[PDB]
**Student:** 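Here's one more: a structure with palbociclib in it.
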There are 2 protein chains.
Amino acid sequence: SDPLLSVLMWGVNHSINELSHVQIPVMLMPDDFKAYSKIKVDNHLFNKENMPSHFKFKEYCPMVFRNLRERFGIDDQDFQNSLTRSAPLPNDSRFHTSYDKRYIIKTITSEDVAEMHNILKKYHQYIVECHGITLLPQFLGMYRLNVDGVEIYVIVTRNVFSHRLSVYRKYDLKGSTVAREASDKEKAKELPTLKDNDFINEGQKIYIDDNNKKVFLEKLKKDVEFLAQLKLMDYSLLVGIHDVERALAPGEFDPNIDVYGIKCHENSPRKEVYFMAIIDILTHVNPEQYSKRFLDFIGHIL
Amino acid sequence: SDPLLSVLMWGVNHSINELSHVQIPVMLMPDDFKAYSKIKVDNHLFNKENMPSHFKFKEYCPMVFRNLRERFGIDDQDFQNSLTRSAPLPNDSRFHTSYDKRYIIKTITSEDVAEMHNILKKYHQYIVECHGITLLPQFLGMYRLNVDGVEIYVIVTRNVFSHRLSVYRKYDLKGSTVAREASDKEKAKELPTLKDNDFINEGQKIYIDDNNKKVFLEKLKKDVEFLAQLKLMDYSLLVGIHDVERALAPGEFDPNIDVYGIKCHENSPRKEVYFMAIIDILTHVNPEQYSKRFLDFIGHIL
Ligand SMILES: CC(=O)c1c(C)c2cnc(Nc3ccc(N4CCNCC4)cn3)nc2n(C2CCCC2)c1=O
Ligand SMILES: CC(=O)c1c(C)c2cnc(Nc3ccc(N4CCNCC4)cn3)nc2n(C2CCCC2)c1=O
C-alpha cells in the first residue's frame, strides 16, 4: 500500500531476473559506467491490486553494481529475495531496511546520484584494490522510481549492524570542532542515535584488543584518505554496540554476513560486540582537514 | 538473432511472470475485455547480447487470455516454457511453431487485432458454453511488438497437429465453388499443404467410425453456426493425416495434448490418425451461405 515501495520491489525483481540472463564477465568496460536500463509500464484496467497503473523504473550501471555485489560476497538471488520476498520496513517518523535487516534503502537526491556517478569508477577500483575489505559504504544498487508524477532516487547498501544481533546503543561520530549532541525527541524513541558528545560524555569505551584496533585503523586510514582524495566530507563513523547479556550461537556472529563486527577483548567489563563502518559520504573546514581530524577522534576513543 | 522473435520470448516471459502474482478470479469483468499491459524498455549501453536496446511490448486483455488458457487445459508455466526455453522455429520461405510443436505463432494485421477484440467477449462465452470442447482456433495470447520502428502483431494458438506424431499429408478445405488447388512450388517442399481439389481428386478418404463422425459434425455445426452468427467467413478445415506405419505409445496419442486427434476405425486400409480443426477465422458469397456450404463439403468427405 506504499506505491513507491512496491515499484522498488518490482524493479529489483525485474533487475535481477534480467541480469540472470546476462553473462557475467570478469571485467567491466568503461561503457558499463555510463550505462542504464529504463522500463516504462502502462497497465490499462489490469493488475490494479499489486502495481500502480503507470510507473517508470530506472537502474544505473547495472553491470557495475552486480560486480560490486559479487565483490562484497552477495549473491543476486539472495539480494533479490531480501528485497522482494516481503516488503522493506520504514524506520523513522528517513530510510528502509530489508525485512531480513540485511540491506539499507535510502532515498537520495539527484545531486547524490550525480555525485555517485561521478565517483563510481574510482570507487569500483578502490574496492578492487582492497579486495572488498573496507569500512566504506557498500553500494549495491542505485535506482530511479516514477509513480505518476512523483520521482525518487534510491541507493541500496549493506547494513552496518547485524541482521541477527540487536544493538542497544548507536553512535554517529564525525570528530568535529562544533558541538554535536542528540535530540530528546530522539532519546525518547526506543532506539536513539547518539552523536559525538553523548559519547564523549557518559564515559563510553570500546574494548577491542590491540590487533583488532591496529587492523581497524589501518583500514580506516586508507578509506578516509580515499574519501579525502575525492574531495568528500561530512561522513560519520556509525558505531553500534550489542550487549550479549541482554539479548545459531549464544553470542557469536557470522563474520561473513555481519562484516563489520568485532568481538570485545577478554577483560571487557561486559560481553560486547561492536559494529563500526563509515556512512553518508556523498556530500561534496576542508576535505583534507576533515579526514585527519576524523582520524584523530576515532583513534582517541578506541 | 531475430530481434522480433526475442522480444516475443521476452514478452511472454514477462507476461506470465506478472500474472503469477495476480490472483486468478473465477469470473472475468467487462473491463478485462478492454484491458492491456504496455512495457517500454530502453537499454543504454547494456544487455546488447540478448535484447535490442529499444523495444515496446503490449499484451491485450491478459486476464481473458489466461482464462482461455486455463479453459483449454494449458498451464501458464508450461505455456511460458514452450515459448521461452528455446526459440520458436520459422515455417516457410508465414508463421512459427514453438520448439516443442505445441503452439502456433502467427503474425496478424492491425485489422485482425481489431476483429479479435471485436469478437473476444462472444468468443469467450462460447468457449464457456461448450466447456472448451470445440474445433475453433484456441486463442491463447495476443501481442504487439515494437523493435526500433518496426511494429508487428502476433496471435498464439494451439497447433491442430500433434506435437509428437508427424503428419505426412495436410489439407485445407473450404468447400468453395471456385477451384482450389496446390502450387507445384508448394508440392516440392518436404511437407506441402494441399487444398480442396487435391483431396477431391486422388481419392482421399477419412476412415473414422460412425460415433466419431457424429460427434465431430455435431461440434462442427455448432462451431460453424457461431462463426456465421459473427458474420465471419473464409475459414478452412485443416486436415492432417498421420501414417502410423511409416513413423510413449507405438501409434497412440495423448488425447489431452493432441486434442484434435481421432483414431481411424478397425477396418481402415492403413493405420491412420486424423487431426482436424477450424483455422483462419478473422476475415470479415455471404457468411450465412458459406457456413452451410462448408458443412455440406465436410459431410460428403467423412
Ligand atoms: C548510505 C549510507 O552511507 C548508509 C549506510 C551504509 C548505512 C548502513 N547501515 C545502517 N544501519 C542502521 C542505521 C541506523 C539505525 N537506527 C535504528 C533505529 N532508528 C535510529 C537508527 C539502524 N540501522 N544505516 C546506514 N545509513 C543510515 C544512516 C543515515 C540514514 C540511513 C546510511 O546512510
Ligand atoms: C490462427 C489459426 O487459425 C491457425 C491455427 C489455429 C493453426 C493451428 N495449427 C497449425 N499447424 C500447422 C499448420 C501447417 C503446417 N505446415 C507444416 C509445413 N508447412 C506447410 C504446413 C504445420 N502446422 N496451423 C495453424 N495456422 C496456420 C495456417 C495458416 C498459417 C498458420 C493458423 O492460422
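All chains are named by letter (A, B, ...) in the order of the sequence lines, taking the proteins before the strands, and each is independently numbered beginning at 1. Order of appearance sets the numbers: ligands from 1, and atoms from 1 within every ligand. What's counted below: heavy atoms across the whole structure, side chains too, no hydrogens, waters or symmetry copies.
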**Student:** I'm curious which macromolecule has the most heavy-atom contacts with palbociclib (ligand 1) - what does the PDB entry call it?
**Tutor:**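 It is bound most extensively to Phosphatidylinositol 5-phosphate 4-kinase type-2 alpha.
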**Student:** Which chains, by letter, have non-hydrogen atoms under 4.0 Å from some atom of palbociclib (ligand 1)?
**Tutor:**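 Under 4.0 Å by non-hydrogen atoms: A.
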**Student:** Which UniProt domain of chain A lines most of the contact region for palbociclib (ligand 1)?
**Tutor:**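 Mostly the UniProt domain pipk.
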**Student:** Which residues are in the binding site of palbociclib (ligand 1), using 4.0 Å as the heavy-atom cut-off?
**Tutor:**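 Non-hydrogen contacts come from A/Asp92, A/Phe95, A/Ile104, A/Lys106, A/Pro137, A/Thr157, A/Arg158, A/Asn159, A/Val160, A/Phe161, A/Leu191, A/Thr193, A/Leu238, A/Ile279, A/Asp280.
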